[PDB]
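A deposited model with actinomycin D.
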Amino acid sequence: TXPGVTXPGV
Amino acid sequence: XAXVXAXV
DNA sequence: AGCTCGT
DNA sequence: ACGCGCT
Ligand SMILES: *C(=O)c1cnc2ccccc2n1
Ligand SMILES: *C(=O)c1cnc2ccccc2n1
Ligand SMILES: [Mg+2]
Ligand SMILES: [Mg+2]
Ligand SMILES: [Mg+2]
Ligand SMILES: [Mg+2]
């Protein structure tokens with residue numbers, strides 16, 4: 001996720 | 001990712 | 001494949 | 001002294 005907590009996605 | 005001082 | 005902080 | 005969350 002995020003970043004943080006990429007995306008999703010990418 | 002860990003949160004032990006920052007928690008990002 | 002795709003990234004990030006200091007208490 | 002610590003690595004995290006789905007599309
Ligand atoms: C979270 O797992 C995590 C891991 N490494 C990092 C390095 C620098 C800043 C934040 C970070 N977070
Ligand atoms: C939290 O601020 C923090 C700062 N320095 C660290 C060094 C090593 C592990 C965890 C740490 N946490
Ligand atoms: Mg993969
Ligand atoms: Mg540091
Ligand atoms: Mg590390
Ligand atoms: Mg994991």
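A note on names: the letters A, B, ... follow the listed sequences, proteins ahead of strands, and every chain is numbered from 1. Heads up: weird residues get written as their parent (or X), and the extra bits don't count toward contacts. Basis for what follows: all heavy atoms, side chains included, without hydrogens, waters or symmetry-related copies.
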Indicate which ligands or chains correspond to actinomycin D.
chain A
Chain letters with a heavy atom under 4.5 Å from actinomycin D:
B, C, D
